[PDB]
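A look at one PDB structure holding capsaicin.
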Number of protein chains: 4
Amino acid sequence: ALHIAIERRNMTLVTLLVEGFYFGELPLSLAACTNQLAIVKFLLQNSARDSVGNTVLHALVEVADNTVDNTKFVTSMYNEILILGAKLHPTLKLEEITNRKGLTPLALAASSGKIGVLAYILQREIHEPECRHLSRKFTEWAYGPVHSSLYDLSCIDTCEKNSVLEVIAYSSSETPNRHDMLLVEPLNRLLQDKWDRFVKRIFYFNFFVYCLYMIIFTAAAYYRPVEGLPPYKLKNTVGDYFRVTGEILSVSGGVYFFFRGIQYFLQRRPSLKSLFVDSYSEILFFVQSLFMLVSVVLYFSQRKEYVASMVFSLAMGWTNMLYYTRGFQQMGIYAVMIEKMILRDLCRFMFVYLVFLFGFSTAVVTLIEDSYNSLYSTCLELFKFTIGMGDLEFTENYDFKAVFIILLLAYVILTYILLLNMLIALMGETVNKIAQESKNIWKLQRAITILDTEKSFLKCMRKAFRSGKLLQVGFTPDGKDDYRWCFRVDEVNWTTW
Amino acid sequence: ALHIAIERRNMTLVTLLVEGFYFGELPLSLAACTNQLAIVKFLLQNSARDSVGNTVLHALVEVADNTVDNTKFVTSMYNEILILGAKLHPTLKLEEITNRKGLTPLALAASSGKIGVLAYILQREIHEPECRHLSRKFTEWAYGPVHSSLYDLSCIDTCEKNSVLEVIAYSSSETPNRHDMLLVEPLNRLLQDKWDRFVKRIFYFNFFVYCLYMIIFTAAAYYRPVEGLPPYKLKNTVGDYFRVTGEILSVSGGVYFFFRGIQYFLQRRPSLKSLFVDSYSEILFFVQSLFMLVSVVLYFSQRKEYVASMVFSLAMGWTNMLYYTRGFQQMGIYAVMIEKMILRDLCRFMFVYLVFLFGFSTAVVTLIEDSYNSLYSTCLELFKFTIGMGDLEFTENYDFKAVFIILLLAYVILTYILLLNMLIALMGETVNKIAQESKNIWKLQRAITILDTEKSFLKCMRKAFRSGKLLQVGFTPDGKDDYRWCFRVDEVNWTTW
Amino acid sequence: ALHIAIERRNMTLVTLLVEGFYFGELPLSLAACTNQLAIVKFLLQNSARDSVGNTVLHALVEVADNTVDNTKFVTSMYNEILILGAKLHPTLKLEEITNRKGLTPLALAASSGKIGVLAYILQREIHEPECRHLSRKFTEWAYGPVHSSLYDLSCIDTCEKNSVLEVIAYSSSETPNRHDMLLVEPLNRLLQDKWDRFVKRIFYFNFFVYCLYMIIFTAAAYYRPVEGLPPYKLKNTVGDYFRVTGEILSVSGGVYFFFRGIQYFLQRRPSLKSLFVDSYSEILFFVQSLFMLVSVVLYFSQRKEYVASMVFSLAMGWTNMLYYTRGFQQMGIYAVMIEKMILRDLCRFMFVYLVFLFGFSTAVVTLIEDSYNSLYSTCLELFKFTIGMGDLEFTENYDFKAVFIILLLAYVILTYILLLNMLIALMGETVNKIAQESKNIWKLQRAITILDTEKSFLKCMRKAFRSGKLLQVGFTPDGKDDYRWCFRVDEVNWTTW
Amino acid sequence: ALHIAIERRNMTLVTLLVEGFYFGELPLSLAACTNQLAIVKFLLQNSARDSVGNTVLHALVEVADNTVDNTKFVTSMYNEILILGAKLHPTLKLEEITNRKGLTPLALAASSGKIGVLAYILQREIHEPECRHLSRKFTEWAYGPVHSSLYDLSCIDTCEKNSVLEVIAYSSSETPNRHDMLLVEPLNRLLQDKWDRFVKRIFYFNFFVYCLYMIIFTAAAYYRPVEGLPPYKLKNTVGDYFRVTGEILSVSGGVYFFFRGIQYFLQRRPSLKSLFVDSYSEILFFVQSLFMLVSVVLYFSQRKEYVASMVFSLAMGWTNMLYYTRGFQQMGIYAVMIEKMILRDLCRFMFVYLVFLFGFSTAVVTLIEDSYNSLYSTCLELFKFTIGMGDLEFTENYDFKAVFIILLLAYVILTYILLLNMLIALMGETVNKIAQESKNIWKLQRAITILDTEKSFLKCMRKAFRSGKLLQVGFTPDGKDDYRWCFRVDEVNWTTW
Ligand SMILES: COc1cc(CNC(=O)CCCC/C=C/C(C)C)ccc1O
Ligand SMILES: COc1cc(CNC(=O)CCCC/C=C/C(C)C)ccc1O
């Protein structure tokens, strides 16, 4: 009755009565979510939590499609509902109420990834002195066409459970707007300010330390003993001393990266199904650590097979230096494109190319009578065509010339001239598509680095720098108390006047 | 008189009289096809089949150009004519009348490929209780802005001769909209539902069985006897037993694919002129079967030349595994692009490159005096330049150094640096063009697989699943009887309200 | 006075008086060219040739900028002036008057390349019976929305000196619209009709004959005598007879192409500055003929150096078969792109690459002490890097390892990885730009082939086919005589009604 | 009070009182910069230099954002202020006042790079005889729709300290519009006129002289003595005489380029941080000179290591010939693209590729036991994969086959197939982006060449040609004196009428 009549958008029906689409589980949520501006007014004058913990604000954000009209009336109705909550209940902070997951409506908007409501809440301001405390953005002053704005940033830096910026950064990448979500003024300028302030220096110190670690590890690997099986007994030579110091430093760094990989996985707890896409760099750093530890295990197991794992660790550590080039803007896009291919284009192309290579490998191997008769050897001899180093007659031990050479021509036309250039065209398309995208994936993960660095910060460095500035605000009618950690930012728009 | 006056769009002329462009062969067809809304009303109040079997509805669809205004008034006039048929003759189902080809007007629209009238008929609904049975789309209910729609789907799943979806899928690809024709709501959701329901499992079972067949066939080919001429006498060794089992299984699969190719060609009966373009995969599977059967023939003919055909079958079977990757969405586009090149770009480029290669091959061969003097050998030595493995002096047995080396430089500049990169640029253009196209060619052939799988389904599996759901409809004035196999689908549009 | 006042666009000034921009050299030309609709009326009521032979129509076409407003009022004023010429002088055919160059105003519009006035004159029609003969386009009839139009085509097929289509086709390519100029209805359909009618068959007969000539010439070249110096004495063997027949046929074709090149150059007389751009194919065919004749000269000069020229002719003849692939639509674009590169991109890239190659060649040669010390040999060894067949240590006879290997690395980075891929990117840009352009350059030169084929046609084949159809037209008031060679074409536009 | 009230845009506040954003440091600058059209009128009726030397005009240009509305009202208010300066003070030339840097407001606009105000001042004209001298553009006459305009060009050719064109050309490339800034009519036509007039001939003479110098230097290098250590004693042979002449000419050119590099660096004094980006060609010419001088030093130091530096100079001189190809239009874009890559794409890709190459080099070297064991040798053997000349088994001296070959496959997939094609895609994107940009970077540096050539011109050639023409102008009310070096240019716009 109430549900059907309210959903009918009939004011008369609601006035007469009261006197799988998810829209909340209470009448207020239905009325608000259905664009009923006046019906909610009557229902209030004729902050509830539903069975899922979602209040009317949660039902508002849950329904928004992020489109222009959706964002328009959703923001408007959010404002009206929050005002009537203000006038009827000034002291109540309806936003503080959280669902089962524990997110506030702003945090819910960030989690789901709707930039409309997010930007509205971020830039919100209410002139009316009826509820002056209820404004997110405070305008400091204007001298000419200049405007020095302030933004509240209550839970954007460090909240009770999850801050807004944390949720944006640690999104599983299924959230659509994620990169664009950082473009909004307060978050963007806050990120750049934190980066320039102190996190830049720590990041370069980390980068230099990692370079130093990799250089000493490369030296210690290069000059490994070649006599006998390990472990090789310590010698009194200065070279021996430097070498044992290099090995112990390298394995210390290895276990360090191992523990950091574990603790990252525990903190984030990402889905194993989407482990690669969200976190590519961490997997590689962890696997480098794992190769180092496996190498140490095989080393003290009295096996010569330790150099196999150690060499993989050495190569992968150098090829993991790109992670630091995401600290810059110019190089970070470049590395992001390598991540995108190795995740998307290169696995595709490898499965297809392996179908082709294996088909023609088995074909030529069965054709050859019989030394290139090991299916491995023929696979290599057919792979050497892709690198432009193969030859049309690697063998002469076939009964049939026409069949063999036809097989090789068909393979070369299929892979060297056709598949490989399909990959060239596809990576051209990828660069064309993501020339704009990578510019903000870079920012997104630059934000992840900032959050990781500040999280791994002790009391002294964290107390020495907190975001924004603690500034008093408009006193509330309940107790004349409103002081917040508000950030400050400038702006000059001529049309503002 | 009637024809000329009616075509003049003069209501007065028709009222006075009655009282190579194909527009139907009766006055009603001319009046309807010429946008004469009122003239047809008088002609009715002042369902015929013409000499070609085309009724007024057939003349309507035949005339539509599928453009915005054409579709607009064609759909409108179709509605008006069908309503007047309803009021004057409620019991008559004018659409059931078919032309000589046997297609209904909806089937005719699908065959010709006009998405305008097709989408109109697919989404048609008539509120008026004057003829309530005459609505294609039935709205189940609406709780809020939710709308649970139902679509009739009379002949879209299994009709008397040809269903709508069958005609869309088995189109010769000359029909323009074919891919877009599957995007329309009922067909699209019906396809995805059928795929997810049961056809997905059968397709993966088929894919795994094909992989198993190819692996056992690869093993049986690899370990073929190398002693003497065939047939090789059975041995009591376990290896001999496994090998004979592998050979008999491989040839059984070969004859299976042979028969399936034949029966496909009989069912579809495609034009030999356009055999490749419409059906690329079937040709390859059939030719693999043909190579296997030729190999068996040469095997029991006591010839050593069986391995030639068997090896071609083995290679082509592996390279035909891409057909299954059209079952996925990510990989199917990739395989479709290979089909597109081998049909369009690669034949072009091969004819041109063969002109160039043969010209410079004959040039260098006539220049050489004389061992590279076989026109085959020089062709290979000039082909090795394309793969980046050739050399500017493969021979020294020429009287003229300048002429020979000039020929080679001109060839390399013409083919390696210029033609081959024209192919690179062309495939870049192809990917740029069809990045959107392949996304729906994939769907189109995914639909072909679904239809093929359901067609090759016995009574039990077909009766266990029929599309849509049998639900009663608005009773007709003739006998109060309207029950259809109507599909159900949800939708949420805010502007609908 | 008259000039300044008329150019002032003051009707009062002209009425009072009469009672380096090229705008014609008479008052009427100034008034018409300056948008003075009424002033010309008074000047006529208050067909001259100027010192350059340009009438008012010539001054009209000379001034048009081909833009939307320019074409609009130019076409309008052309119509008004031509009508007033009609009423004041019905018998006069003002268009027949020609300038010094001999072009009529329509021919002048075609020569200068303004598609606006050209399309207007091509599609012109005048309903008014005041001058019914003065309409270019005659509407045959309309049955429904069908319209069977007729176009006059007086001088479009075969005029006194230069036909319209001839001027469009033989344009020096500086004319901007040239390709688009053939898209206009009468010319386009006339071209396609002539092609399908008889010229298609002659073109394929020519193509097959050329293939036959090249095959017999390839055979005669391949089996040349290798003993002694020429001329080689005739032998009674059947092989000798076939070989002398092949040689005489080949040289006959060579002299044939030589004479055709000469007569083409005399007929067209193109500028030597722009000889390549306008006529690429003719230069190559002529040079093949020239190589054959030089080979015959050296052959009968008792020199073994005839095979050098003959081999160049043999290679270039095969590589000239692309000219026939411009007869098709699919392959013609492909060949046109090769023409475009060899004219534009490849000369650019060769000059730059030769600067680089010569710089590093001389560098490495001076570095080497000393066998790779011939500047030719080092140039080849550095060219072999581009084809992916070079090696970083081709020699060891250098005093300095670091300098030599640095030179080679710098060269490889500069040419193999950077210049060569600049060429790849540039040809990608070229294909991207001209994917649409080539589609109509093909048509343009397909038109050139049609004109060449019909020009080289005797009385019988020309009288057996003349374009259009001789049909009587609206009788003129002067003598009631108007019969023209009018072409016929259909059209169906719904908005026409 | 005055500042705040004026910035409030309240005319009443200013009338009542009077009776880090940079907007000038005086009330007039604030009123003008804030769009207060009327307030400045009162302030004048109720040419100051501020502490930074910026007058109201400087404050106007400093504030413009170059956007459509910004340029609109900035140009309008500039006109109004300059007129009121005219009426109140006709004799005063407010523009002549300069800031501390010495730039006039036009020069300031050019320096900052705002094309709006620049184009306005360049094309300015004032019809009103109230101040007729105050018009930049003078219209010579109009015969029909023709208009022969004149532009003043006071300080555009040769001013007191810095001309307008000089500032545009010598911009540090941080100025955004720089290329577009030369497109404006007077500057563009003035550049092309100067180029065609005399600078073209001098540039070709310089190009031919440089080619001659490089050829004689190449010859003198090629035939260097190979016996003993330098200096090689003079011989009486004619070859010895030509060789000493070649060496002395080559070193004379070397010192010439050295001095020109020094004097360029002194005149321009560009920032060492952005030395490459603004001036790529000069660095290369200077470094060629430096290599030649180092070679002479090592030559007279009795060392055989002179050929190392001389060979680098020889190679780099040839590869520096591209600088002259920026004199043409077709080739200049081509060379500019090489500059852009070697500055932007190639350093990026080299740092990443060096990370990868070094990682896998150290990996394979530590894996190898041990001749390819020098880390240099393995780096070369892994670089040879990029050029398509490497091989998967260059060595067999490894204990582990799987690990080694896995390392090589991973490297080849990472660099040859993935990184190198990321570079191909990136350079494709670069060409796509700058196909339009390079067309005007070419013009920009062609302007730099013109300015350099005229600057290095004596009294005779400079007095023989000065830009524009000295023509009298509208006499000023102060002393009836206005004569300027005004340039002349034609134009034909139909809409002008
Ligand atoms: C089987 O269906 C498909 C297959 C493919 C890829 N496979 C091919 O293109 C086969 C080409 C022929 C290669 C045979 C070589 C022999 C002579 C050694 C793409 C799309 C499909 O639908
Ligand atoms: C000189 O002005 C220009 C030159 C170029 C091309 N030249 C280069 O890029 C030189 C690169 C350095 C190559 C030197 C190799 C030595 C070490 C053997 C383009 C644009 C210009 O304006």
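Each chain is given a letter, A onward, matching its sequence line's place in the list. Chain A residue numbers are taken from the PDB entry; in order, the displayed residues are 204-222, 244-270, 278-601, 626-752. Following the PDB entry, chain B residues are numbered 204-222, 244-270, 278-601, 626-752, in order. Note that chain C is numbered according to the PDB entry, with residues 204-222, 244-270, 278-601, 626-752 shown in order. What you see of chain D is 204-222, 244-270, 278-601, 626-752, where the numbers are those given in the PDB entry. Both ligands and their constituent atoms are indexed starting at 1 by order of listing.
Other chains contributing a heavy atom less than 4.0 Å from an atom of capsaicin (ligand 2): C, D. When distances are taken between heavy atoms, capsaicin (ligand 2) lies under 4.0 Å from the transmembrane segments of chain D numbered by UniProt, N terminus first, as 3, 4, 5.
This PDB entry assigns chain D to the organism Rattus norvegicus.
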